[PDB]
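Working notes for the structure below.
Lettering of chains follows the sequences in order, A, B, ..., and the numbering in each one begins at 1. FYI, side chains are in, hydrogens and waters are out, and symmetry mates aren't considered; it's all heavy atoms of this structure. All ligand and atom numbering here is 1-based and tracks the order in the structure.
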There are 2 protein chains.
Amino acid sequence: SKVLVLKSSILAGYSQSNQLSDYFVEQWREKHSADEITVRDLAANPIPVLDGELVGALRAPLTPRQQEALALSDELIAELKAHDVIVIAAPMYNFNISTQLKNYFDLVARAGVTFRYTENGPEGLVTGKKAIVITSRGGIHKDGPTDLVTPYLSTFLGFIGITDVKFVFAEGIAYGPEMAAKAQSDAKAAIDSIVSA
Amino acid sequence: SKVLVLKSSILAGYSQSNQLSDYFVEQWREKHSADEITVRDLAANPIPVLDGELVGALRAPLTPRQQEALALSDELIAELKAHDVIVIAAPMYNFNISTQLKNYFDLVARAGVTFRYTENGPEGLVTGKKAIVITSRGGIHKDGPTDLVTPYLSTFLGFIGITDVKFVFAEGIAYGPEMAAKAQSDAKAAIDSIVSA
Ligand SMILES: Cc1cc2nc3c(=O)[nH]c(=O)nc-3n(C[C@H](O)[C@H](O)[C@H](O)COP(=O)(O)O)c2cc1C
Ligand SMILES: Cc1cc2nc3c(=O)[nH]c(=O)nc-3n(C[C@H](O)[C@H](O)[C@H](O)COP(=O)(O)O)c2cc1C
Ligand SMILES: O=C1Oc2ccccc2C(=O)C1C[C@H]1C(=O)Oc2ccccc2C1=O
Ligand SMILES: O=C1Oc2ccccc2C(=O)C1C[C@H]1C(=O)Oc2ccccc2C1=O
């Protein structure tokens, strides 16, 4: 199969979610060595903000920026549809995903391409995929009312067709080195049983 | 009192939430004519994305961008703390708030300035405010599991100290002109009873 890995942290080499994504990649190479792996770093290779000009590109003549945004949109969507296993690193910043991941989503959700309207409702067109979300947090939010990242990621991914999603959590990072080490260990075992299952 | 109005739509003059915000302003001038009103349009006056360079500004020597981001942060925070009634236009795009509003939040949430850590927990420092959220949506999501915007806005605002929040909804816009007119009418009556209460 082909694996797509999306990195979205702004902390580069010090990112906890990037370290876990690299672990996921190392283990998939190990266990499934015939597979291809593509990594896109949405912080090191930024997607532009969706503004009032660029929204027109996804929807007569187009401006220079509009033409670039559309070309970028078609590229991102093709890449997404060309891979089988989608890994998404989703650190929580101010109770939301990172703006780096958000901008990718805003260029990826497009009527008649990644979803469509029908009489049985709106319908996702990115089908047959398996997704794994790796979500790191400073505090402890899991299964509680301050975690809106988790259900938002299920809702958005479900909307474009990706209903098979598994979640891996690295929480309690802000409490220090030893809690961060525990988070890393626990998340890595969660990953191990996904890679082998 | 002083009213702050934050606009975040990317659709300019065709925005449903901007039309409702202008109505709110017209009626507050009408009923409370001694008050001052400040409007910031976060689409027409964009806040930059929070990246790995700018996060350093909110936290030794600082780069040129870092210095600008910090100056902008201090301005936004002072403005927020200087007003009594905070009105926030929050259109839903791809099941999230707009990136234009998000960037404002990412520059506004800052340790030791808008919140702080204590032994009774983290604690908001923007206190004594009343907030009204005007949230427009194409579909119908209210009180259901696809509305993650509403609880995310309660959580983020509560975190910086603003626990008094009222919500005004304009839903069903994508169903056409007459449903949009109904949404406008219903939201406007919601606004009328806030302005007079
Ligand atoms: C700008 C900023 C905002 C943050 N907001 C939250 C927060 O909302 N809740 C939380 O539990 N931790 C928060 N944290 C801590 C991060 O979630 C934590 O450091 C996590 O490891 C981030 O993943 P990363 O290291 O891969 O970037 C924040 C950190 C920063 C940089
Ligand atoms: C980029 C884009 C994404 C949208 N996503 C959603 C959606 O997630 N759910 C929904 O009900 N409507 C969605 N809509 C419709 C808007 O929520 C609706 O048009 C609303 O009026 C937006 O507020 P505004 O007119 O003030 O910009 C979307 C529209 C656009 C432009
Ligand atoms: O829950 C916590 O309790 C603490 C107690 C003492 C010292 C640090 C912390 C934390 O970092 C967090 C997590 C934490 C959080 O829960 O929400 C946030 C929102 C915005 C920015 C940062 C954060 C956090 O670090
Ligand atoms: O629920 C709906 O049902 C429809 C039936 C027929 C024609 C149009 C629509 C809609 O626009 C929506 C709302 C709607 C929605 O619920 O989610 C979205 C997510 C991303 C982008 C746009 C949207 C929408 O327009």
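Here, the chain sharing the greatest number of close atom pairs with ligand 4 is referred to in UniProt as FMN-dependent NADH:quinone oxidoreductase. The drug assigned to ligand 4 in the PDB is dicoumarol. Other chains contributing a heavy atom less than 4.0 Å from an atom of dicoumarol (ligand 4): A, B. Here is the list of dicoumarol (ligand 4) atoms found below 4.0 Å of a heavy atom in B:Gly139: 13 (C).
Here the shortest heavy-atom distance to atom 15 (C) of dicoumarol (ligand 4), taken over B:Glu171, B:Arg137, B:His141, belongs to B:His141. Shown in contact with A:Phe115 at under 4.0 Å from a heavy atom are these atoms of dicoumarol (ligand 4), numbered in order with element: 21 (C). At the top of the distance list for atom 7 (C) of dicoumarol (ligand 4), counting protein heavy atoms only, stands A:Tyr117 CD2, 3.8 Å. When heavy-atom distances to dicoumarol (ligand 4) are checked against a 4.0 Å cut-off, B:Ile140 has no atom that comes that close, whether in backbone or side chain. Per the deposited entry, no covalent link of dicoumarol (ligand 4) reaches a chain.
Of the protein's heavy atoms, A:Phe159 CZ, 3.7 Å lies nearest to atom 18 (C) of dicoumarol (ligand 4). Here the heavy atom of the protein found nearest to atom 3 (O) of dicoumarol (ligand 4) is B:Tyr175 OH, 3.6 Å.
At the top of the distance list for atom 11 (O) of dicoumarol (ligand 4), counting protein heavy atoms only, stands B:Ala174 CB, 2.9 Å.
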